[PDB]
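Worksheet: one structure, shown below.
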Amino acid sequence: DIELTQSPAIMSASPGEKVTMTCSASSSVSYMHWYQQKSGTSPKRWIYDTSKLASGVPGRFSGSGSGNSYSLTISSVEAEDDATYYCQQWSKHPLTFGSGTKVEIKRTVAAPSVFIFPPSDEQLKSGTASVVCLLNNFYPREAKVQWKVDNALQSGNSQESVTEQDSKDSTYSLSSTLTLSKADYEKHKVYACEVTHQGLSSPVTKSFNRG
Amino acid sequence: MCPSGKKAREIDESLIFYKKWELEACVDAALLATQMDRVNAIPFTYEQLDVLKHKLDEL
Amino acid sequence: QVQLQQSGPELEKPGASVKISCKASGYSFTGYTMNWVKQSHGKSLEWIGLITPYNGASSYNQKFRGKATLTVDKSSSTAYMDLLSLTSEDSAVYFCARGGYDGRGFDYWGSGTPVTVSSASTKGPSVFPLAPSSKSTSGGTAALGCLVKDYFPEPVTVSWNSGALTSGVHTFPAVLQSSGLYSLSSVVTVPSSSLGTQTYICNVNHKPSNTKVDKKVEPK
């Protein structure tokens with residue numbers, strides 16, 4: 001089977017730049033096609049027959065390549081090009097795909113705005129309590145969160161989740177959820193989460209009192 | 001011109017990924033006549049089929 | 001407009017089989033091959049195989065021979081894929097995609113059918129409010145959301161005010177709890193001055209447990 005090696009695996013690009021991503025095929029390919037897929041959508045045919053624009057694709061995308069080395073070029077990158085691009089060989093049965101080059105957009109540091117949410121009354125009578133810490137619209141992606149209950153550095157109980165990059169402002173948002181028993185929640189009084197990030201010159205803490 | 005390495009030696013399913021023009025260039029009619037019985041089991045498109053039918057009329 | 005409408009999320013026990021479907025409209029069904037693709041959560045794409053609907057001829061990627069069976073019903077312009085003897089390694093999203101004229105890749109794709117293979121049983125989410133305050137007042141911009149806890153399988157849908165409200169929204173990736181259940185939050189930022197007047201509702205759909213839920217989210 002034809003093996004497709006895409007690189008780089010992750011490309012980060014400042015808007016306005018010209019950038020090219022590659023797809024090496026393990027042996028000779030007659031035509032290559034490319035698809036753009038954005039977190040949570042079906043893939044979309046982007047370039048086909050190696051070098052032709054699929055319907056609706058902006059003119060700044062192009063494709064070329066011969067024999068074993070194929071490439072996809074964005075002649076001027078833009079916020080909305082954040083996606084994963086997969087190559088596909090249309091040459092030897094069975095059809096094979098590369099594992100994708102993911103394009104993330106460079107923008108300027110943007111500190112998270114931070115919000116904390118106490119467990120709702122509805123949920124408490126359930127048996128369990130969930131405190132949520134939201135970090136909204138930041139960049140770049142790396143953030144540290146820490147939970148602290150009456151100043152006891154939590155650990156084991158939390159789980160984070162991060163959105164994919166926004167196609168318009170290029171930011172991320174991240175949540176952290178501390179989960180406890182009705183019992184251990186009813187114990188303490190002060191719940192905070194402490195955030196550090198590239199664009200914060202010191203840690204932001206958002207706390208609250210069962211009150 | 002058949003692209004280097006691409007000439008059909010059997011009428012089999014790896015032909016489904018030949019473009020119309022590549023069928024025309026790469027599939028000798030004689031071959032195709034002898035393995036005619038294979039074709040209707042290979043998921044060819046109407047466009048690919050038109051080309052194969054043209055081949056057999058060449059003869 | 002060409003359209004490939006795939007069937008909903010499935011949940012199946014290891015060893016069962018499931019038949020997923022793809023109904024094509026907006027073109028001549030027999031004019032184009034139909035293809036199936038598998039994508040493992042967080043992974044690459046693999047071609048399963050294709051079929052020409054007119055006569056039903058088909059071709060498979062060897063790796064999927066036996067695992068999958070492709071068929072069509074011309075009279076409803078529907079294509080089908082049977083997945084047999086399921087294991088957890090079949091848990092994935094499966095797409096159908098029409099092959100463009102003369103081999104030009106896959107030019108239209110369906111929305112995808114997520115299939116989950118596990119022993120656990122369907123449970124629907126409980127849906128709690130993430131409510132704003134003066135602990136959610138950032139200079140006249142406030143944050144609020146819904147927490148959608150303890151459910152299975154994926155996926156769940158969320159929208160706000162029934163699609164009315166999109167700007168500002170972040171619906172987070174579901175996270176697999178130790179519970180063995182999923183959970184996720186959806187949030188949205190708004191101006192503070194809008195809270196008195198405006199009222200916000202998250203809409204939760206979970207097709208597997210037939211759960212459809214609207215939580216009014218208010219301060220205090």
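Just so we're on the same page: letters track the sequence lines, and every chain starts at 1. Header says: X-ray crystallography, 2.7 Å.
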Exercise. According to UniProt, what is the name of the macromolecule sharing the most 4.5 Å contacts with chains A and C?
Worked result: Mesothelin, cleaved form
Drug listed at chains A and C | MORAb-009
I need the epitope of MORAb-009 on chain B for a figure; heavy-atom cut-off 4.5 Å. What are the residues? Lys6(B), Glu13(B), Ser14(B), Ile16(B), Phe17(B), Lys19(B), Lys20(B), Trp21(B), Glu22(B), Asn40(B), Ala41(B), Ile42(B), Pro43(B), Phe44(B), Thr45(B), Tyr46(B), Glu47(B)
- Query: Which residues in MORAb-009 have at least one heavy atom nearer than 4.5 Å to a heavy atom of chain B?
  - Reply: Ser30(A), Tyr31(A), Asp49(A), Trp90(A), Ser91(A), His93(A), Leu95(A), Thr30(C), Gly31(C), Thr33(C), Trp47(C), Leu50(C), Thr52(C), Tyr54(C), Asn55(C), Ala57(C), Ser58(C), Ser59(C), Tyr60(C), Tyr101(C), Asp102(C), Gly103(C), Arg104(C)
For this session: Retrieve the molecule name assigned to chain C in the deposit.
Result: MORAb-009 Fab heavy chain
